[PDB]
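Reviewing the structure listed below.
Numbering of residues begins at 1 and proceeds along the displayed sequence. Quick note: numbers below take in every heavy atom, side chains included, and nothing from hydrogens, waters or symmetry partners. Just so you know, ligand 1 is whichever comes first in the structure, and atom 1 is the first atom listed for that ligand.
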Amino acid sequence: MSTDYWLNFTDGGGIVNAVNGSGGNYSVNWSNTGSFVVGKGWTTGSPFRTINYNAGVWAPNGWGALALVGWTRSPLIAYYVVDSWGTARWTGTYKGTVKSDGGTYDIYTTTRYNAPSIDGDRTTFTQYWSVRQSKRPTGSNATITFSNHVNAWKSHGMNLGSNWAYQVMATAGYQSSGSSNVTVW
Ligand SMILES: CCC(=O)N(c1ccccc1)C1CCN(CCc2ccccc2)CC1
Ligand SMILES: CCC(=O)N(c1ccccc1)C1CCN(CCc2ccccc2)CC1
Ligand SMILES: [Cl-]
Ligand SMILES: [K+]
Ligand SMILES: [K+]
């Protein structure tokens, strides 16, 4: 199932020059950013999708991350499977680990309020995280078997909503700079 969605969002801070490439490819060059997310993916996420990507350029600085990102509604939940990043001190509620796709991931949950979401500029939502314990090598084909994460989260009481919104292999950042180029299928 080929990608059919182009995510390109920023809060307006700094520069986020995002390029909608051929098929599932995209490029990002960013500097002195506020909050942003960019990437190719799917209009409707699925808990059964296996996501393939190749991040041919990955050079983040600060809290810039290479991650599967997506949302559900009912309830409103943002989720993250983080494979690499620049500098990022992960902290919060911690639920265990999951092994997937040759790596081990730390599981976190966080809450946001008065915060931007796909529902508006000042909303409340929960965030589910799988954060790889070591940064994943980039430049070769990589898989994220997302059902492994959904199921691990489920086993710790982190259930996703029933209405699936976008699901993107993204470059996401906050107060960050860098360069990335990723193909997604
Ligand atoms: C598991 C995810 C995660 O770890 N986080 C997170 C939470 C929500 C949304 C995005 C990322 C961090 C939580 C803690 N903050 C510390 C920031 C800070 C440091 C020093 C003084 C004042 C503030 C940074 C983000
Ligand atoms: C402290 C880290 C941080 O703040 N972030 C982050 C999270 C994970 C990995 C790297 C950076 C941001 C979290 C929020 N998203 C925007 C959410 C959104 C999407 C669509 C419409 C409206 C809002 C951008 C990145
Ligand atoms: Cl995001
Ligand atoms: K294009
Ligand atoms: K751990």
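Of the drugs fentanyl, valacyclovir, bifonazole, halofuginone, peramivir, the one that appears at ligand 1 is fentanyl. Among all chains, the one with more heavy-atom contacts to fentanyl (ligand 1) than any other is, according to the PDB entry, Endo-1,4-beta-xylanase A. Heavy-atom separations between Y80 and fentanyl (ligand 1) are all 4.0 Å or longer. Checking atom 14 (C) of fentanyl (ligand 1) against the protein gives a heavy-atom contact under 4.0 Å. Heavy atoms of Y174 found under 4.0 angstrom from fentanyl (ligand 1): none, in either backbone or side chain. Taking 4.0 Å as the limit, the other ligands and ions near fentanyl (ligand 1) are ligand 2 (fentanyl). Within 4.0 Å of atom 25 (C) of fentanyl (ligand 1), at least one protein heavy atom is present. Protein heavy atoms are absent from the 4.0 Å sphere centred on atom 22 (C) of fentanyl (ligand 1). For atom 7 (C) of fentanyl (ligand 1), the nearest protein heavy atom (residue, atom name, distance) is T110 CG2, 4.0 Å. Contact annotation for atom 17 (C) of fentanyl (ligand 1): protein absent (non-hydrogen atoms, distance under 4.0 Å). Protein non-hydrogen atoms do reach within 4.0 Å of atom 2 (C) of fentanyl (ligand 1). Residue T91 has at least one N or O atom closer than 3.5 Å to an N or O atom of fentanyl (ligand 1).
One option in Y108, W90, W129 has a heavy atom closer to atom 11 (C) of fentanyl (ligand 1) than any other, and that option is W129. Nearest to atom 9 (C) of fentanyl (ligand 1) among the protein's heavy atoms is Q127 OE1, 3.3 Å.
With the cut-off at 4.0 Å and only heavy atoms counted, the binding site of fentanyl (ligand 1) comes to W63, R89, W90, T91, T110, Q127, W129.
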Quick check on fentanyl (ligand 1): any N or O pairs to the protein under 3.5 Å? One line per pair.
| unit_1 | atom_1 | unit_2 | atom_2 | d |
| --- | --- | --- | --- | --- |
| fentanyl (ligand 1) | 4 (O) | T91 | N | 2.9 |
| fentanyl (ligand 1) | 4 (O) | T91 | O | 3.2 |

